[PDB]
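Looking at a structure with resiniferatoxin today.
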Amino acid sequence: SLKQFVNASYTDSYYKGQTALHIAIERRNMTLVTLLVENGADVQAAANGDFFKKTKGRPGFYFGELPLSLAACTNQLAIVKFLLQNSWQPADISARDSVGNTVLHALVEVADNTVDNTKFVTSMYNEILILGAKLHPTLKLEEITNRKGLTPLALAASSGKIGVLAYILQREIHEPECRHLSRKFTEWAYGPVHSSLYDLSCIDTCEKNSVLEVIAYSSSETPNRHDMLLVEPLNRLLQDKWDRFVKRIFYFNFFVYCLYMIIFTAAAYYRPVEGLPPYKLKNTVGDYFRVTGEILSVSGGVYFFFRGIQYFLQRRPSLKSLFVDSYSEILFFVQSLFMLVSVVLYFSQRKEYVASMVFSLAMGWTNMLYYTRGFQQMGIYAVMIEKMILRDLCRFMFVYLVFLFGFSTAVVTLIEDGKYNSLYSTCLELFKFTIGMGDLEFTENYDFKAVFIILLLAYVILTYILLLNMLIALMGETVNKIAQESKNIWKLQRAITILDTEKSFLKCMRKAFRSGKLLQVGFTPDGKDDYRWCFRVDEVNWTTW
Amino acid sequence: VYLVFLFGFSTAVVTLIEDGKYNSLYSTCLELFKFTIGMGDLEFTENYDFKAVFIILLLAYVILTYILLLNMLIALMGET
Amino acid sequence: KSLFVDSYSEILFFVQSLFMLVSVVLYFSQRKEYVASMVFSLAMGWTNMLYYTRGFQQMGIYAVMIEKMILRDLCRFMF
Amino acid sequence: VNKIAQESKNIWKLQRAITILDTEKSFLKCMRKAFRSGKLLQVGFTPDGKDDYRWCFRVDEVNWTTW
Amino acid sequence: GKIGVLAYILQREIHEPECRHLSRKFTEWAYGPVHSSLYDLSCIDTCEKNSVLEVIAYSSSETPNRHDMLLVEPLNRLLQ
Ligand SMILES: C=C(C)[C@]12C[C@@H](C)[C@@]34O[C@](Cc5ccccc5)(O[C@@H]1[C@@H]3C=C(COC(=O)Cc1ccc(O)c(OC)c1)C[C@]1(O)C(=O)C(C)=C[C@@H]41)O2
Ligand SMILES: C=C(C)[C@]12C[C@@H](C)[C@@]34O[C@](Cc5ccccc5)(O[C@@H]1[C@@H]3C=C(COC(=O)Cc1ccc(O)c(OC)c1)C[C@]1(O)C(=O)C(C)=C[C@@H]41)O2
C-alpha cells in the first residue's frame with residue numbers, strides 16, 4: 001500500500017506531525033508537492049510540534065501548522081492555488097489549527113510591519129480571499145474567531161500589525177463577484193472630488209472585539225498602539241464622534257468636576273477648629289452650608305472610588321499594566337482613597353483626618369489636568385508633563401537623592417553638638433540650596449571650618465551647577481523627541497475618552513451609532529442586498545483624471 | 001498649569017494651617033509663589049499640627065513647580 | 001596618562017579607600033583630624049554608588065552623561 | 001547632550017563589558033559554567049581526517065527576502 | 001581598532017570545498033526565513049593571552065573605535 005507510506009510523519013513531540021508534503025512546500029519544490037498530493041498525501045496534516053509553535057524562549061517557526069498556511073506564510077502563491085484547487089484533494093480553506101487560527105490568522109501573525117514583509121503578506125491575504133469567495137461563496141472567512149475569540153481584523157488590531165490593518169480597513173476589490181469582499185467603496189466622483197465609503201463593520205461596535213475597543217484598551221505592549229489610530233477611517237471616525245456627540249458631554253463633565261472641587265475647597269477651608277471630631281451641627285445658615293459641602297465632597301469621593309473599582313475589574317490589568325499605564329485612573333482612585341480615609345478618621349474622633357483631607361484636596365486640583373486632553377494645545381502639554389515625570393524627573397531624583405544623602409551624612413557627621421546635628425535638619429538645609437536659599441554659613445558648631453566649606457562647595461557644584469543644569473539640558477533633549485509621539489498619545493487619550501463616554505451614555509440614546517445605514521453593493525453571493533453602515537469621506541485629487 | 005498647581009497646594013496648605021498669621025488664601029498663595037522666584041522660606045509658619053504633612057506638601061509643590069514645571073518651560077521655549 | 005584620562009571610577013574608589021586609611025592612621029595617632037578624612041570618605045562613598053548605575057539601560061547612560069559633563073563642560077566653565 | 005546620545009550608548013555597553021570580564025576573572029566559586037555556548041561540531045573535516053569542535057555560539061535570524 | 005577588518009574576520013564565511021574549515025561563521029539549519037548561524041568563538045571568549053574581548057575592553061583609550069567594535073554582532077550578542 002501507498003496511503004500509509006506517503007502520509008508518514010514525525011511522532012516525536014518536537015517535530016510532531018511534519019510530513020513529506022510540509023517538506024516539499026518548505027523546499028519550494030512544486031513538482032514534489034504535486035506528486036505527493038497526487039499520491040494521496042493528507043493536505044490537512046497538522047504539524048503541531050514544539051518547533052512549529054511561537055515559543056519565544058526556544059527556536060521555532062509558527063506558520064499555522066497546515067500546508068496551506070505554510071505555503072501562504074512563505075510567499076508561494078502557486079502552491080496555495082494548487083492546494084486549494086487541485087484535482088485529487090483540495091485543501092479546506094476554513095480549517096483551523098490547534099490554536100483555532102486559520103490561514104488568515106497566520107498571515108496576520110507572520111506580519112511584522114516591514115515594507116517587504118508587509119507587501120507580500122497583504123498580497124497573499126488578498127489572493128486567499130479571492131479564492132475563498134470563488135470556491136465558497138457562502139463562506140465568510142474573516143468572521144471566524146480563533147480560540148481567543150479574535151477575528152483576523154481583531155488579531156491585527158490587538159497584535160499591533162499596523163501594516164495589515166491599514167490594508168484591511170481600506171481594502172477595495174475591483175471586479176465582479178468580489179466587490180462584496182471590499183471594505184472601501186467609491187460611491188460618486190464628479191470632478192477631482194470623490195466620496196468613498198468605509199464599511200465600519202466591527203469598527204464601531206460588534207459583539208466583543210470592536211477595533212477601537214481593542215486598540216484603546218491595549219495592554220501597552222502592543223508596538224504601534226499610538227500609530228494605528230492614524231489609519232484613515234479610524235481617525236476620521238473618532239473626530240466625527242467627538243464633534244457630534246462627545247464634545248458637549250466632556251465639557252459638561254469638566255464643568256461638573258470644577259464645581260465639585262470648588263465645593264470641596266470651600267468645605268475644607270471653613271472647617272471648624274475645635275478639637276475632637278465629629279462636630280455638632282449648629283442651627284445656623286453658615287453651618288448648614290458647611291455640612292452640605294462636606295456631604296457633597298464625601299459623595300464625590302465615593303463616586304470616584306467605585307469608578308476606580310469598575311475600571312480595575314473591567315480592564316483586569318495584570319499588576320504591571322496597573323501601573324505602567326492608566327496613570328490618570330490610579331491618581332483619581334488615590335484621591336478617592338484619601339477622601340474615604342479622611343471620612344473614617346473623621347468619625348473615629350482623630351484630628352488626623354485633616355492630614356488625609358488636604359492630601360485629597362491638593363490631589364484633586366492637580367487631577368484637573370486630566371481634562372486638558374480634548375484640547376489640542378493643553379492636552380499635548382499635559383502629556384509632556386507626564387512623560388517628564390516618568391522619565392527625567394525620576395532619574396534625576398534618584399541621582400539627586402544619592403548626592404543629597406551622601407553630603408548630608410558627611411556634614412552631619414562633621415557637625416558636633418550643634419543645633420542641627422541631625423539628618424533631618426541637615427537634609428533640609430542642603431535641599432534649600434536647590435531652591436536658591438542656601439545659607440552657606442548656617443552653623444559654626446564644628447571644628448575644621450575648611451572641611452565643612454569644602455563639602456558644601458562640592459555639594460553646590462555637583463547638584464546646583466552640574467545636576468540641575470543637566471536636567472534642563474535633558475528635558476530639552478526629551479521634548480525634541482516626544483513632539484510627534486505626544487500627538488499620537490493625545491489622540492489615543494481622546495479615543496479612550498470617547499469610548500468611555502459611549503459606554504456610560506447616561507440617556508439610552510441611539511444617536512451614538514453614527515454614519516447611516518447605506519447600501520454598498522446590493523449583490524451579496526445570494527440575491528440579497530447588503531446594508532453595511534458605511535462612513536462617508538470626501539476627498540479631492542488633482543491627478544488621475 | 002502653574003495656577004492650577006499653585007491654587008491646589010495653596011488651598012491644601014491653608015486648610016492645614018489653623019489660626020496662624022497666614023491662614024488665608026492671599027497670604028499663602030503669595031508665600032507659595034515666593035518659591036518660584038527663589039525666595040521660598042520653607043518654614044514660614046509653625047501654626048499647625050502634623051509638621052510632616054506640611055513639609056510633604058511643600059516639597060511636593062516645590063518639585064512639581066520649581067524643579068519640574070519651570071525647567072519644562074525652559075525646554076519648551078527652547079523648542080519653540 | 002591612561003591612568004587618569006580613563007579609569008575614572010577606579011581612581012575614585014581608590015581615593016575613597018585612601019581617605020579611609022588616612023582616617024584610621026589619624027584615629028590611632030590621637031589626632032581629631034581623623035574626622036576630616038572620614039567624612040571625605042563617607043561623602044565620596046555615597047557618590048561612588050553611581051558606579052552601579054551601569055548595568056541599567058536608562059540609568060547607566062545618565063551616569064555616563066554626568067561624567068562627560070564633568071569632564072568637558074564643567075571644567076571649562078569652572079576655569 | 002545632543003551630541004553624546006549614541007556615544008553614551010556605546011560607552012555604556014563598554015562599561016558593562018568591563019564588568020562582565022572582571023566578574024568572570026574574579027568568579028569566587030571556581031565555576032566552569034562561565035564558559036558558555038556549547039562544544040559543537042562545525043565542519044567535521046579539517047585538512048586531515050579529524051573533526052573540529054570549535055565551541056560555537058548560536059544566533060537565530062529571520063529574513064523575509066532571498067527565498 | 002580596525003573595525004572593518006575585525007567585522008569581516010569575526011563573521012567570515014567561505015563557501016567552497018576544502019576552505020569551509022577556514023570559515024568562522026557557519027549556517028547549521030535554515031527552515032523558512034529562520035536560520036541558525038554558528039560563530040566560532042575561538043580566541044574571543046577565552047584563550048591564552050589575547051582574547052578579543054579582553055583586548056577591546058582593556059584598550060589604552062587611544063584606539064580609535066574602542067566604543068564601536070563591540071557593536072559587531074557576535075560580540076554584542078555574546079556579552080548580552
Ligand atoms: C505617580 C504617582 C501615582 C504619584 C501620585 C501622587 C501621590 C502624586 O505623587 C506622585 C509622586 C510625586 C510626588 C511629588 C512630586 C512628583 C511626584 O506623583 C504622582 C502624583 C504626582 C502628581 C503630578 O501631577 C499630575 O500628575 C497631575 C496629572 C497630570 C496628567 C494627567 O494625565 C493626570 O491624570 C489625572 C494628572 C501630583 C500629585 O498627585 C499631587 O498633587 C500630590 C499631593 C502628590 C502627587 O505619586
Ligand atoms: C575627578 C576626581 C577624581 C574627583 C575626585 C573627588 C575628589 C570628587 O572631586 C573631584 C573634583 C570635583 C570636586 C567638586 C565638584 C566636582 C568635581 O571630582 C572628582 C570627584 C567628583 C565626583 C563626581 O561625582 C561622581 O563622580 C560620582 C560617579 C559618577 C560616575 C561614575 O562612573 C563614578 O565611578 C565611581 C562615580 C564626586 C566626589 O568624589 C565627591 O563626592 C567629593 C566629596 C568630591 C568629588 O575630583
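Residue numbers begin at 1 in each chain, while the letters A, B, ... track the order of the sequences. Only a slice of the deposited entry appears, and the contacts counted are all within that slice. We read in the header that electron microscopy, 3.3 Å was used to get this structure. Remember, it's 1-based here, ligands and their atoms both numbered in the order they're listed.
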(request) Identify all other chains that place a heavy atom less than 4.0 Å from resiniferatoxin (ligand 2). (result) A, C
(request) Name every other ligand or ion with an atom closer than 4.0 Å to resiniferatoxin (ligand 2). (result) none
(message) Mind looking up which residues in chain C UniProt says bind resiniferatoxin, and which of those have a heavy atom under 4.0 Å from resiniferatoxin (ligand 2)?
(response) C:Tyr8, C:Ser9, C:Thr47, C:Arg54
(request) Give, by chain and number, every residue with a heavy atom within 4.0 Å of resiniferatoxin (ligand 2). (result) A:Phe403, A:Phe407, A:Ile461, A:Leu462, C:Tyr8, C:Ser9, C:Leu12, C:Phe13, C:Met44, C:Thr47, C:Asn48, C:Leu50, C:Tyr51, C:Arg54, C:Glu67, C:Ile70
